[PDB]
Participant: 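In this model we see FG-2216 bound to Alpha-ketoglutarate-dependent dioxygenase FTO.
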Amino acid sequence: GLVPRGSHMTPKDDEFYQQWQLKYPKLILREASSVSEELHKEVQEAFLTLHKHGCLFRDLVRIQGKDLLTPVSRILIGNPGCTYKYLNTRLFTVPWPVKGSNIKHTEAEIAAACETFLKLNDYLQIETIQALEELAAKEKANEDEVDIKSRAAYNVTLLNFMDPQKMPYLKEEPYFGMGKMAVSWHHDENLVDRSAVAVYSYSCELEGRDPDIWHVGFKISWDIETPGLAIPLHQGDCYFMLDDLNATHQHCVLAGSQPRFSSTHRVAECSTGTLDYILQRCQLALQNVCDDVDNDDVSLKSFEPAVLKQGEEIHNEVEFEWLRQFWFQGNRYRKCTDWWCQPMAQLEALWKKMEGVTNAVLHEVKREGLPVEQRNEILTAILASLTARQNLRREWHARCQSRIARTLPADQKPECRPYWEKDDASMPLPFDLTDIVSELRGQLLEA
Ligand SMILES: O=C(O)CNC(=O)c1nc(Cl)c2ccccc2c1O
Ligand SMILES: [Zn+2]
């Protein structure tokens, strides 16, 4: 009555190394020994420094339609202006000193910790490039270099902390008997295609895997028959997911007994995920506006269907992918940096102008001498956007009010911003668009 595994291998197993070579050869390990002790010291002090200053936060994430606080605490450090979205939650970088950077005030050591993980970034990048080089050499032996450079060009690291003591609510691994999970089976999302990932692991201080020691687990996608690998991690071990590993396999993190930090360096796919990018989108939308002076008499250059559609889509993007994402996190990074404070003021102001634009379009649609054909063209151009705007607003209000969110501290409690009451003359349109959307449809049905 024995079947395909339902089991896992560790180094305690003879088959371990050969299974590693045959079924997970794009997973690479570099033991703590291969990293200079000086770098170890700076990186671990930087972990503890960011921990004492309270810079790591559990994210109020979303999964299969459920609001869930993560057991693990996190901070995103990386290129200025860059974001990384996972589980419907866009993390904004705490900036690190990339060349030609602006020294935006931060707590004393905080900036020095960010500088440190930049240093670790450079290092791991060198290692990753070396390993992909070696990997290709094997490839050509048995059977571009710009591709390598870019698949290793880490623009962010996502730091994680868990204390299994003060966070004892951990799920059991369901397929292979690997025990307690800090992070369940997953692929890392929103990374550049075929990009590598590098993880520096930092633990503080018989059948199957040792439950007291931290491991990273690996399995093949769709496959619980091939035995999973449970890799032991100690103080300063590094692992690397190369090439298509992250796509073809899943990984998890198995909890040990002691606290542990990790630094997971990534090539975030940020083509719609940078400040410069969303600023350019806002400028594009506002091209349709007469911009001599900034005031409330917003007047539009064209009502061509395509230009209005584009404008209302950009309105949506800045509102929900940026403003609401930033403020849903209650301004926690204000604890680490001020970098995003002016950028978010400026995006909020660009957004307010856009509430202005929408209003202008709604006045036009209701205009006396407007041939009903052109009117119908406008409605059909904008209706999808306005309806998606209304639904996404209902969802963010709720997500800000969930019973789980109200239980967060005052430093991290969500902020449903921007938000205004119906008795607010400062804003040209109501927050609740259901009336407006209904009317627009009733018209499009009109004989
Ligand atoms: O800490 C580690 O060794 C590895 N960390 C992660 O692999 C990791 N990556 C992602 Cl994208 C998520 C995403 C959501 C929750 C946990 C994650 C996680 O632990
Ligand atoms: Zn992961």
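Here chain A follows the PDB entry, giving residues 23-165, 189-250, 262-503 in order. For the numbers below, each heavy atom of this structure counts, side chains included, while hydrogens, waters and symmetry mates do not. First listed ligand is number 1; within each ligand, the first listed atom is number 1.
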Participant: Name each chain or ligand corresponding to FG-2216, including duplicates.
Facilitator: ligand 1
Participant: If you draw a 4.0 Å sphere around every atom of FG-2216, which residues of other chains have a heavy atom inside it?
Facilitator: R96, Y106, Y108, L109, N205, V228, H231, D233, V244, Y295, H307, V309, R316, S318, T320, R322
Participant: Taking both backbone and side-chain atoms of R96, is any N or O found less than 3.5 Å from an N or O belonging to FG-2216?
Facilitator: yes
Participant: At a distance cut-off of 4.0 Å, which other ligands and ions come close to FG-2216?
Facilitator: ligand 2 (zinc ion)
Participant: Closer than 4.0 Å to some heavy atom of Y106 - which atoms of FG-2216 meet that?
Facilitator: 11 (Cl)
Participant: Could you list which atoms of FG-2216 come closer than 4.0 Å to a heavy atom of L109?
Facilitator: 14 (C)
Participant: Show the atoms of FG-2216 that are less than 4.0 angstrom away from any heavy atom in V228.
Facilitator: 16 (C), 17 (C), 18 (C), 19 (O)
Participant: May I ask you to check if FG-2216 and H232 share an N or O to N or O distance below 3.5 Å?
Facilitator: no
Participant: Quick one: does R322 get an N or O within less than 3.5 Å of an N or O on FG-2216?
Facilitator: yes
Participant: Short list, please: which atoms of FG-2216 are under 4.0 Å from a heavy atom of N205?
Facilitator: 1 (O), 5 (N)
Participant: Using a strict 4.0 Å cut-off to heavy atoms of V309, name the atoms of FG-2216 that fall inside it.
Facilitator: 2 (C), 3 (O), 4 (C)
Participant: The entry lists a source organism for chain A; which one?
Facilitator: Homo sapiens
Participant: Taking only heavy atoms of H307 into account, list the atoms of FG-2216 that are under 4.0 Å away from them.
Facilitator: 7 (O)
Participant: Please identify which atoms of FG-2216 are closer than 4.0 Å to at least one heavy atom of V244.
Facilitator: 3 (O)
Participant: Using 4.0 Å as the heavy-atom cut-off, which UniProt 2-oxoglutarate-binding residues of chain A are near FG-2216?
Facilitator: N205, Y295, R316, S318, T320, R322
Participant: Got an N/O contact under 3.5 Å between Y295 and FG-2216?
Facilitator: yes
Participant: Using a heavy-atom cut-off of 4.0 Å, list the UniProt substrate-binding residues in chain A near FG-2216.
Facilitator: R96, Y108, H231, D233
Participant: Of all the atoms in FG-2216, which lie at a distance below 4.0 Å from a heavy atom belonging to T320?
Facilitator: 2 (C), 4 (C), 5 (N)
Participant: Taking both backbone and side-chain atoms of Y108, is any N or O found less than 3.5 Å from an N or O belonging to FG-2216?
Facilitator: no
